[PDB]
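Figure: carfilzomib (bound form) in its bound pose on Proteasome subunit beta type-5.
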Amino acid sequence: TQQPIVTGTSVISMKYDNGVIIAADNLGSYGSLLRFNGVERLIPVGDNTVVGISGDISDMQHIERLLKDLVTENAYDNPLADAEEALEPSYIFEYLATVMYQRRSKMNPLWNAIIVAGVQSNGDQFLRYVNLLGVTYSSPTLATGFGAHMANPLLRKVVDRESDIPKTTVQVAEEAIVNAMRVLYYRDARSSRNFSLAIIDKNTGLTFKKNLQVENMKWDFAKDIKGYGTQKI
Amino acid sequence: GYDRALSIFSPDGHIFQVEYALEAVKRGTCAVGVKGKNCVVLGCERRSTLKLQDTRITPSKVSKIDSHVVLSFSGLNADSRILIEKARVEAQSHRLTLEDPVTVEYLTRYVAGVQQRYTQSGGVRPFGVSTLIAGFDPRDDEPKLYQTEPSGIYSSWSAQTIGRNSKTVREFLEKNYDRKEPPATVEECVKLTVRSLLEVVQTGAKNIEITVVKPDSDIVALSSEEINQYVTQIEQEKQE
Amino acid sequence: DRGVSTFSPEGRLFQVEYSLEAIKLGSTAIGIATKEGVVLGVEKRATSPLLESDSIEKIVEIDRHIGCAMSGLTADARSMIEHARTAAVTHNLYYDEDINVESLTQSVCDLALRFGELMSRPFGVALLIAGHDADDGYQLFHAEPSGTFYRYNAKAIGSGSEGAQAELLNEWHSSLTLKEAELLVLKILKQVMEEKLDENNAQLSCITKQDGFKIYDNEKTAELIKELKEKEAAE
Amino acid sequence: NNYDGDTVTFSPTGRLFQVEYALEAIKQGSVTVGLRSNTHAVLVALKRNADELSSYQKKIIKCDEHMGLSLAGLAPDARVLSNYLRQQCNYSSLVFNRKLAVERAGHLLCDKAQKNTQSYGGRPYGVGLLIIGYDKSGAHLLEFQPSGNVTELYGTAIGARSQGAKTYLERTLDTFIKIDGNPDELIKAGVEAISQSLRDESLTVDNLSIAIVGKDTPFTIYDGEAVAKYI
Amino acid sequence: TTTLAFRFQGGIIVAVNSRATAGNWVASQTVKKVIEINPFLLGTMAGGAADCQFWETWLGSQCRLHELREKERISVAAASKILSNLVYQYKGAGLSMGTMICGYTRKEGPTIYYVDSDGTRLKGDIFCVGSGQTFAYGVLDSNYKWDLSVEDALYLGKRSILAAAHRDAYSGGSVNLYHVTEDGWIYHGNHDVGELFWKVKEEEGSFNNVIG
Amino acid sequence: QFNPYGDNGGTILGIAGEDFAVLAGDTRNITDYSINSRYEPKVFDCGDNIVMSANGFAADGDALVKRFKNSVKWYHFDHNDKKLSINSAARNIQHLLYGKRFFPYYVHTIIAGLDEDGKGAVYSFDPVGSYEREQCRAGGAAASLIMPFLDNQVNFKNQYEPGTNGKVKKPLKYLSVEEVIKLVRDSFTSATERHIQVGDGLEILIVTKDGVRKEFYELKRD
Amino acid sequence: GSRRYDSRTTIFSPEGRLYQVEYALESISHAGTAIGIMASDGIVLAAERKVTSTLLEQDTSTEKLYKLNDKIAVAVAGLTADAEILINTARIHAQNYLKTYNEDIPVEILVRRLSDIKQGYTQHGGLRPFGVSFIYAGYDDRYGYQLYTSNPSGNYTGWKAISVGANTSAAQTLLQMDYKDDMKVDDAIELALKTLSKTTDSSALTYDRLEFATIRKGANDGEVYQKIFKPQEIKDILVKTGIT
Amino acid sequence: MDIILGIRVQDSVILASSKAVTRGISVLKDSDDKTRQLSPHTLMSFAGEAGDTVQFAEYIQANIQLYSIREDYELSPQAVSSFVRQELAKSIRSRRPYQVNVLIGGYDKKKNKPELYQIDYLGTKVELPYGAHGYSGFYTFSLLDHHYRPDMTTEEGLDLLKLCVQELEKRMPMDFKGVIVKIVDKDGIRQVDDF
Ligand SMILES: *[C@@](C)(CO)[C@](*)(O)[C@H](CC(C)C)NC(=O)[C@H](Cc1ccccc1)NC(=O)[C@H](CC(C)C)NC(=O)[C@H](CCc1ccccc1)NC(=O)CN1CCOCC1
Ligand SMILES: [Mg+2]
């Protein structure tokens, strides 16, 4: 039995024609206090997987270490560690999903919501979710926390089903992700303007973008809003 | 824990520790079991090199396992107490779970199983004991007499003897005991048991113990005078 | 002394090889498998005439569809039978079905090598496990203390095993009836036994799909013995 | 002599005699052959019987859909080791959704056998194994020895008179390695290889045992009338 | 549930309904609440479905092991006590079982043992267990006599379940009958309450509360 | 306080024919008022012509299916590749479920296949292992909507022969695979209309002696 | 491994004897003789101290005779250190019985349990047996006055008069000669001392080389008293019987 | 389980125990014997939590019977009661205690005296001339205080016991379906069939 202390908010992601995109802001909240601002919640595993984590940051750092150790362990007595017997997104996910469910079954969970985004060896897109309960699901778009409520609706307008994936380019997909991050900044009280974004493409590989900012925001209409009903001045 | 495999096989296929446990039984005082038509009698030798004994308090050779089953033995006396205790506990445990007292076969099978377990468990030696287990099953009037030995094998006997000079008394019983017509009465069964011990014992004074078991938990041990009457009667008939 | 789980220079486990010598001293047990059933027969071998031979239990039921005969240090077989019976019933509980004869034998043979320095020594008893299942039909297995089991059409174990096995080699064929198999066990038992064979010092049993595992009465076996003697005198 | 009482003792020349005696148990065992191409891997095993009334001891065991082995020596020890492989293959599937690499399979067996050669009380395994499999890096063949030594090979053979089949495969190396996309021809090469280890006896229908695994072929065993094709 | 079993001149009658509920939701109307343990032994099931179903099939395994080891059929007393000692080990853990172990043996004769999850074990001639046990008792007690015929006894057991099936909301579905004799148990069919109620109403002239 | 359980919604349906059996289930995965996936299968081919679904808490359902699939694998290893009969699978699943009697799998489990006589079989389980063979069973969120409809259409309950004064019941008979799939599709479209956790897609697995076939149908996405 | 150095204490000889038990008995046969004599109105315990030195503190010494409870005492023959381990166990067992049943432990029950412990060391554990033989002297309301002996085998027997330790063969013959059933305590006291005086390996039997104890009903009305004799009390009883 | 009474008179101990076994709103049985014979001259009645009562009684019974066989000797009522108390005293600090209250009626053959012990589930032992467990005491104790004499015969004790049962049947809320009465004396244990 836990309670989360330092927390990370939404992680959003979606599939596009050649790969997957995933994003998450760089904030580590401490209740209502926006305590830590340089927190990286996207963690690459190899050159083909990115694990995005929300929830308790201490448990996130624990998972970082597990993934880091997983890469080390896989390299042992493995001449093909950087080739055929390299870590796949599906291997990394199933490992985490096994851990998450074992921990919830011991009534001592890792208080997180995780999205494993990557591209398999055969070029197939991988995008699957797992949380503190051990619950897993996959979808063209996946989001945690407020992202589930606000981002998914926006991202599903682009990729509403499986057949929309080949029709969606990386430019369109990234635009939707960046737009969703802006909406979350408007409406999620535990979000920050600064965020990280990662693209895993089957051709161009892993592109990890840091220090992005929400921009092109609409605030001007606020000046016209006066009072809460009758007030004219 | 002490783990050593003490009971092990030898090149010729023998477990010497089990066979040496039989030698301890062969050293022990003679014990005989004879079952009649409506009873079983357990005879036991007591060596007479021990005078100044207190027969009131000295552990008796025949032990009650339950109100309807008895156990005599030959071999190491200290070892026999461990088997008797385990058997008595199992007897009460059976009544508790099955709501019925043990059969003589079941009790024998349990005791035999314990003896066997000590022939292939690490850190222990076999029991230097062979037992004669006798009695009557609940609500049954058929006499039961079983034998066990250190190896763990057990079997039913019309009449049987164990201990020192047991081969002599077994020889006697083999020609004197008729399968077609066993001892019809208690007196006949006791007499045959005493006769068989008189081939080996020495004197029929305080050397022979007799215990008679009858159906429905009717067990009684004979006194010196009662046994001596059989000894006196047999010797007078012998001089012929 | 020396370790219990030690290899000889020839590449055999000393204790396993010595336990086999103990089995050669044991009373004879013969099994014959047919398409109408499997027959199991044993030499009781009472050490004395006062011993009530009917108490000698060297043929044993494991389940309704599986039977078992033994030879060697027969006291060692009790825990093997106990394990077999539990394995058989447990499998029925988990899977609502009868358990395969081979799977049962494998379960018993897993105990065999669980000794060392687990129990202190190998078993000093060989088992003939006979049974029937829907998949492989009527089967006869020989389970040794080495942990090895062979399936057999016919098999003899015990003191007169090599003589009886040579006899089973000639006599066995794939079209044997149950009645023919019964007489064949009695015939071969009478040849290798020390004392003269009768209903009291020898026991028969069989397992059939229809009636399951059955140990024969002394009255039934006595008639088969009488039938056997008449047929040999008839030519 | 004085240094063969247990596995924990070294001889003056640095030998482990109990491990060597365990190795001797393999030499007494019935011959089995392993060989592979780039697409498939094949096990061929000569099964042994007690007599004409007995069955023929099964030599080949399946470990996963993509892996399995053949045995030579103590069969119960093969059952223990194969069961361990089954669990490790299975652990890899459940936890990582990943088929176990044949090389890791060998590393795991090596390490399991080794622990039994350094500790008091235990004994070495008395069996040699030929593991075949098809994983993400193609076809594989491993030779396991109870000393712990595991070796990846193109082909090999273990058991009694295994030197005959091993010499043949050493000659045939360049031929059978290129039998790609042709299961039956690779088996034929294996059946001809094991035939070089035969004396007085020949390959019959209930004597021969063959197994195969490959690119689009799960690990499957052939016995009885299914191997009559290759005699 | 409603289950009953009573002892009489001609042996033992056992009758049960076949409904299964998850609150007010009627989950099943075709549940076997009698477990055939062996040819001379039966077990009724009331309370937790899984608890009863699991442990009474386990009981049959233990009864089978007994007759293998002892070369003799287990007594009803010993069988019931294996189950009662088992549930007693789990006392407080939350098992819900109200069972009746019915059977015949030579030494005992026809015998019924009530066994529940809080460790109670009672020998008796008549028992009714389940949410509708009171309704069954009412009919059964008022019409019970030791000198009932096998025909009349079977009907009373069936009629008693019907009474409960009618009044108790969590009882219904169908009636399963059994008769246990010196020769063993005999199944006497599955009787749907849908048809049985009207058949009984018409023939017997009872159930006047209901709109005919 | 940490609650180890969750409700992932969805509903499943198993119907047994004469020489076939179907096991259907919607593909929607939810938590509270949110949709997690519009296509997340929860009906699986487990081998030996057994199809299985454990509806309720997905994490427990996935674990159970995973364990049963593994049980089938080991049944082959230990019993000479013997085929696991549907009745044997059912009993095995009871022990899997009851093994966690005091920390249950929060799922309604249904398996379907063919019995040893070749006839269609459906077995349904409660969360702790009580099981029963049935012709018909709905499980999950919309089970209460679907099940009484199945009683009426599959088992012909409350239907009497016209003109017989409600004395002669409508006779029971096996349905064709075509008629059964109609009932499945109509059951799920009706459930989708009136239950918020049901929709998106419908995946049916049909089991015959030839094997396991799949069929997919769209459902309303609101 | 360690197998090399294992003596195997709990095994049989080819003749069916327990090596270690036999050798423990051989050890005990060199220990100072201890005699127990049971009379109709009490019990006597007499024991010879092992070759005493003149500078040994005699009055505050306990080598042979120990008290288990108010009703039971023991005479020791063998390793004293081994005996004390067993004595403390026996003392605890007596108190467990009293705590459980609110009744003083029957003599045989205490003897059996102590003998069962010894038996254990001969059958399992791989440890050497206790090189000790006891003479138990005690009273209870069931059998009255009782004498028992136990030895390293764990076998115990009841006696009217018995000796353990050195020269038991000679001592038992002398006891068998002069003992009779209607004997009193005061007569038994004399027999015990006379027997030691003849069987002793010393030149002459003196007070400083003896331990002595009685268990009488000599207390006031239906109650048992244990008397462990003081040096001066032994000196007096030795003169009173005409040994010195 | 509800009503268990005990009366020690001149030459015997009389135990009366209710026959009703109730679960919920149903009297499941009306002929239940809430007692076990621990030895030929010792009888223990019991009452309390369902399951625990019989499980405890039979466990004690087995232990006493084991003792009797081992020593070929009958334990005194005092010894048995002390053994029982210790078991309950262990129990109360266990993970799950036995919730059982007992009366032990016995005849000491060595003293030639009847003895009645009352032991509650905490392990609280008292020797009494008359005893009761549960709500029964609230009526019977005052009644026995008045009518009881120490030199009474067994027949007088039974009449005194009838007076208690009548009072309980009049003022007790629950129907306990009468009592089984058993007498413990020098000749052992016997049951009164007509009460
Ligand atoms: C009469 C019919 C009613 O009392 C009988 O007593 C029967 C006994 C027969 C069936 C053997 N008892 C029941 O029907 C019994 C009543 C009950 C319910 C819950 C707990 C104890 C007793 N019903 C059950 O046991 C049902 C059987 C189902 C219909 C197959 N099972 C459940 O209710 C399950 C498991 C209950 C449970 C017990 C112990 C631990 C955990 C769970 N629970 C659910 O199905 C929960 N729920 C149902 C709705 O769907 C969402 C989940
Ligand atoms: Mg909807």
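Labels below follow one simple rule: chain letters A, B, ... track the order of the sequence lines, proteins then strands, and each chain is numbered from 1. Scope of the values below: all heavy atoms of this structure, side chains included, with no hydrogens, waters or symmetry mates. We show just part of the entry here, counting contacts only within that part. All ligand and atom numbering here is 1-based and tracks the order in the structure.
- All instances of carfilzomib (bound form) together account for ligand 1.
- Chains touching carfilzomib (bound form, ligand 1) with a heavy atom below 4.0 Å, listed by letter, come to E, F.
- Per the entry, the organism of origin for chain E is Saccharomyces cerevisiae (strain ATCC 204508 / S288c).
- Checking the PDB entry shows the name of chain F to be Proteasome subunit beta type-6.
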